[PDB]
Amino acid sequence: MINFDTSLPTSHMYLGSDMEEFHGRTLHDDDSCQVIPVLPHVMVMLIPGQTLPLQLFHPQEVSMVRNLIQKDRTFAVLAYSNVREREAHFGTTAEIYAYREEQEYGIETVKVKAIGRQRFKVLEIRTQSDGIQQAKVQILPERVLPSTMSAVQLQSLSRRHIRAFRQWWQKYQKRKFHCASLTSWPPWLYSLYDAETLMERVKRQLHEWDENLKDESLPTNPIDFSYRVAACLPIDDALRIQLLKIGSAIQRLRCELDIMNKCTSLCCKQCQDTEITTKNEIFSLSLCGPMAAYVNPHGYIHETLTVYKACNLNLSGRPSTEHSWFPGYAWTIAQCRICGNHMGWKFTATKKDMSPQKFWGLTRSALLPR
Amino acid sequence: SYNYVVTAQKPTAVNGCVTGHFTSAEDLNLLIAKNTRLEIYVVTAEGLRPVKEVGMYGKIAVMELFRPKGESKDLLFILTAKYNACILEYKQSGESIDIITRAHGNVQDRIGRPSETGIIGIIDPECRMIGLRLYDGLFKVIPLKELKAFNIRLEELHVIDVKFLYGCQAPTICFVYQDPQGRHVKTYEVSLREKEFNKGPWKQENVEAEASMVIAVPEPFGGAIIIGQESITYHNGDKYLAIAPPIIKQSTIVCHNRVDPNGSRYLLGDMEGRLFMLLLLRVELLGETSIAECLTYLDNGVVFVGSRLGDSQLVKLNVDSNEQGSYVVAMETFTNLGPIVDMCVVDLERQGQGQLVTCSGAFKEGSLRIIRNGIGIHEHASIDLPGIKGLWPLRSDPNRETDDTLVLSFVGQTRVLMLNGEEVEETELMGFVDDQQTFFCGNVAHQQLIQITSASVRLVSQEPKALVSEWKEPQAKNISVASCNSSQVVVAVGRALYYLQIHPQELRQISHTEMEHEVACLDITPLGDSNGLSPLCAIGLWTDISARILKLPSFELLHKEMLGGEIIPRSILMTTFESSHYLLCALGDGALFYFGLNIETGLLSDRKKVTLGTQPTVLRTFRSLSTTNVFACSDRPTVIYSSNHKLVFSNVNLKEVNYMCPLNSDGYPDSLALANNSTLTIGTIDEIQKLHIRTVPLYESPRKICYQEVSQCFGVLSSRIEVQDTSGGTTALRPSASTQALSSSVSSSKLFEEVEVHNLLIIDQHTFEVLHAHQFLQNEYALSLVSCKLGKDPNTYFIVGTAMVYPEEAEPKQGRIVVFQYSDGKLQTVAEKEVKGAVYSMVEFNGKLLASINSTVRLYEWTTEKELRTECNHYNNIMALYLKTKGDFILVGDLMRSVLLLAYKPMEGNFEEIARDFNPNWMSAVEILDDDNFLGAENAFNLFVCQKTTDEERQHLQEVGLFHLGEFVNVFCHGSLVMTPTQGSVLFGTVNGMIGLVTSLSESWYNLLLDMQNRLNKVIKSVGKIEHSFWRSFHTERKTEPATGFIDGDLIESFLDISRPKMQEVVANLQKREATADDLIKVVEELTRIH
Ligand SMILES: Nc1cccc2c1C(=O)N([C@H]1CCC(=O)NC1=O)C2=O
Ligand SMILES: [Zn+2]
């Protein structure tokens, strides 16, 4: 069993404690048009509810956020379809929740912690002289649908509220979808579209990853739940955008279950056929899931996936604890054996009593579920 | 695209029912909710009295009667699914009945999550308020003009059921609620003067884990009776009484009713149709009924069973059990088509005459329903007598009340038949001539008989049969036309008319006149409270083509209508429908004119023309179920009846009828003697209504249906529930269609507690008997069914798409496609193709088989070796539930409205994704309308229509039609129940048993009718004062948008029903080109002909 504090990574201690905290929430009306600033050096896709850590030192970015704090506190994170020609049709708004200004080495620096809020549709990207861009965006509403049975049942059967619990789920299907007999589809078909059902199917995989998981940590709402799960699936950029386009929590959960079932091996994106890890080695060392976004000392965001065993990896250099994202663990650079692609890091415990004693931090940009 | 939607059949299913004194404080009333309809009745004690039927601009959710303090009768509260609230009072003044709004308003909240246990509408016993549970965490209060409302923060979020407690100083509500700890019953006191909740009279007592309903019991008892799965418990603070009867374990109690007003007896009803009596605690099983949605105790012993899954009922609760042991006996059955889970249009009987066979009901109430336009006849005798020119019934015995003689007329001859019970025999009535053609004969004044022939008027006595009087034209001329009642005779001799009176042993010539032109037809039917003496004579003339109302005896012209044309009036008739007097006049071209007639003045008003046939129509009056009707004999035989003081015309299912008369004999009671070109048939008429419904009970669930013409039979997918027996398998619950098959069979495996058993039934298109039943594999769930010809093969195969369903599995991993051949009264399995998923849908795609396997879409080729071969595949990422086609254009559908259009490239041998659309909403049905359009059913009882230079434009579909139907469509079907203004015809079947029709309109015809709708809505008074625009607004929990590209045919059709000055108001400045009211009558009439 694991004795590491799963909460520790989510707090981004490497970013330093003693940060100005903001509480007040900003939310734009659905389908409403907005003009939001874009941080020039962010290239990661942000899913709503996901924590984005930043370490900004470019004067134009520092001044951008410093001004952003004085107002809205929200910026636009673009989901690039082609990162090279910097093409993006969708994105997510990020609201700063923790902020800190420092001055060191002749520069003004700022460290932020933002959170995904609202998905948007890019309407036009206008660029400012300072380098930072603005984005005319259209807020995409989250589409909440009622029970599959809500419409069909306007009757007496309405007041039938929702090991060994295996039979409860059977009694649940038989009961909740009894009115399917009035329709042209079976109760087992309606299950494939039931938020509670789809969620318990996902919760099944989440418990295979976090062996020490308590259901209270997980969101109850399928809207927050579909998004939390979306952000910890080590998938390619093309598939991630497809997931970000999804308007329904049901369509999202259904998508995630398909990805989860068809996922087997995780290879090196560069040589494509070199297997690095498998679905069975993934485990949640953080509360926000097996995979999460972290910042290196130069502001580059690495979405890293925690696995117990990795295969064709070569380490270089000796372990370091500098800027470690998992406190109590030292990291050593890991590359693909075949091509030399930087795959992430090997994390090793600094104390003999720690569990896990070793794990692997693999960046998703280096992986391919092929 | 612009469409027109109309109701072919109103919803049949019962949503709720109540008893009270709504009409008068004397009459016991039964109010039945059939969704958008409200049927109001009086308990006849010897039946059910139909008073009024009112339609509404909403789906009824809540329906509860109430009398607040001093009132002459009862006030009715109704709340719609769209949160329209109204208090309705009854108002009657003579033959004029009107429902009156007393208060109205929309109770919907700006925010809030609509509760899981649905809308709950309770009322305080003292009529102090209305309690509404529409949203979780709130309790809305309407203190019973604009229905002013307010909320109360209700702490316990998950409320199961709630009722207002009886006998309380301060109004109290008792509710079953669930929390993570468990399910507990609680009390709260609702304050109006403080607009808040305060601690209830008693403690939060813990109830059953599956406690479902609260039953508020009146004084002297008080408190509440909580009902669960295994237990029935009672709570009154420090008073408790917990019982767990085993008899209620099998099924959950879904509905109740109060029997004794004090609260000593309650009716209880489960999901299996078992009826229980909760006595004050003891429970006793009474018997079996239809699966009751709602129950109502009325009068003494009689119970109303309001069923949504099957035919509704009237049953008797006897004090003594019968031989079987049932204290329940069925009196009357009420046809319910709901739910329509699948259907098809088949030309059974006559080609061109479409019939609709549906998969109706569920479980033990499962049935087939055959819906055919027009009334039918039940033949009891058939006689070879060609060339009948007339039919008349006689009572040759004055001492007898029944017709024992039938008189037939032929070219220049008269034959007489005697009815010795069921035996028809050739005879000669003494006094009557057989060598002359008869124009009339019947029983007349002073125990006499009359015979009007081409030569004379003969008066015959009954004791004995002999000629007592005879009348002839003075120059021995021939009688041309003749009319006769009981005291009077009016005969034409070319242009001349003669008025005679029937006296004892005398035919007295009262008066005579000469007409302007030749006489064509005559009628002297006495109307109103005229004791067999008519002061009026209706006459049709040649050349001028006029219908004239003449006075008797003077022969004075009262009115003269110029019918217009070159076609002479052939038949004329004066009649009374629903106490309103009318004049009917039929022309030689099959056209029928019908006016209202003033008995005092003689004025013909409200001229209406209807096209009945191609041949001259003959009008004969007959009685059916103590109601006067008119049979219109032509090549399209029709019954002319009255419904809401408007004349209705329903067709008869007979090739042609030339002449008819009503025969009421000892052997043939309350019968109809009908004659065509070759034969005379004596029979009984069906129910006088537009559509006819034949019921084929299956006693199991019909799921799917299709038709094989080459086999003269239907393919029906059905399922029956069986229980796990103390053996290596299962046993049935009752005999059903799949068990009682003529010849039986089971599937042979080649692939690797209550059970659902699936079957393929084979039913003969005439008898409707289960010729064969093929039982599917254990755990095999049959999904899709198609009867087609594939490849080069000339044999029609019944194809079934299955899914192997296991509890552990969520999405079927296995499935089959099974090809069957129906030969020698037994299904022969041709091909068995195992697939890696569920076969949700299958369609015959240009000699190939298109079938969905979960997410994938497969095209199969049928080889000479007689087995399907995989051609091309399309992997969709969206479940292929819906699969519709037209040419090389394919529609793929998801339950969440994710539509995508595919195209098969023949030379490439692959699928091309034309367009896609993903806008999540629940979708129940979809059908392709044409090459560029498709129709569908969307969440919150709506209908939609999607349509088809740049790629990012052509690859996207646009939503052109949006309409709130108020019904849940399960099936769309191309066809018509009828034998140009509109394009196409798609029928639709709903959960409530409602059938509808969707047709296309032109751009300007749509605008004409849309403009007309806005004008009609300014005239028409809405029940509960709901705006029609609001009712038809495409509605979801999210958005409410006005209806687009759709015309409410039901609203358009009520133009023919509004007052004539109101029609003038609607058409005034309507239109650019001007529109006459006469132009708009024709257009609206033309639209009523589509259904
Ligand atoms: N000090 C440097 C310097 C350059 C790049 C990196 C670091 C560094 O510490 N990490 C990761 C290693 C793994 C970790 O836990 N935190 C990091 O910031 C880098 O990518
Ligand atoms: Zn590599």
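Simply put, chain letters go A, B, ... down the sequence lines. By the numbers in the PDB entry, the shown part of chain A spans 47-208, 220-427. The numbering of chain B matches the PDB entry: 2-145, 150-285, 300-771, 784-979, 984-1014, 1022-1113, 1121-1140, in order. Ligands are counted one by one from 1 in listed order, and the atoms in each one are counted from 1 as well.
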Engineer: Going by the PDB entry, what is the chain that binds ligand 1 with the most atom pairs under 4.5 Å called?
Structural biologist: protein cereblon
Engineer: Tell me the drug found at ligand 1.
Structural biologist: S-pomalidomide
Engineer: For S-pomalidomide, which other chains have at least one heavy atom closer than 4.0 Å?
Structural biologist: A
Engineer: Quick check, please: with a 4.0 Å heavy-atom cut-off, which UniProt Zn(2+)-binding residues in chain A are near S-pomalidomide?
Structural biologist: none
Engineer: Which UniProt (S)-thalidomide-binding residues in chain A are reached by S-pomalidomide, meaning they have a heavy atom under 4.0 Å away?
Structural biologist: A:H380, A:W382, A:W388
Engineer: Could you tell me which UniProt domain of chain A does most of the contacting with S-pomalidomide?
Structural biologist: cult
Engineer: What residues end up in the site of S-pomalidomide at 4.0 Å, going by heavy-atom distances?
Structural biologist: A:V352, A:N353, A:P354, A:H355, A:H359, A:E379, A:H380, A:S381, A:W382, A:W388, A:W402, A:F404
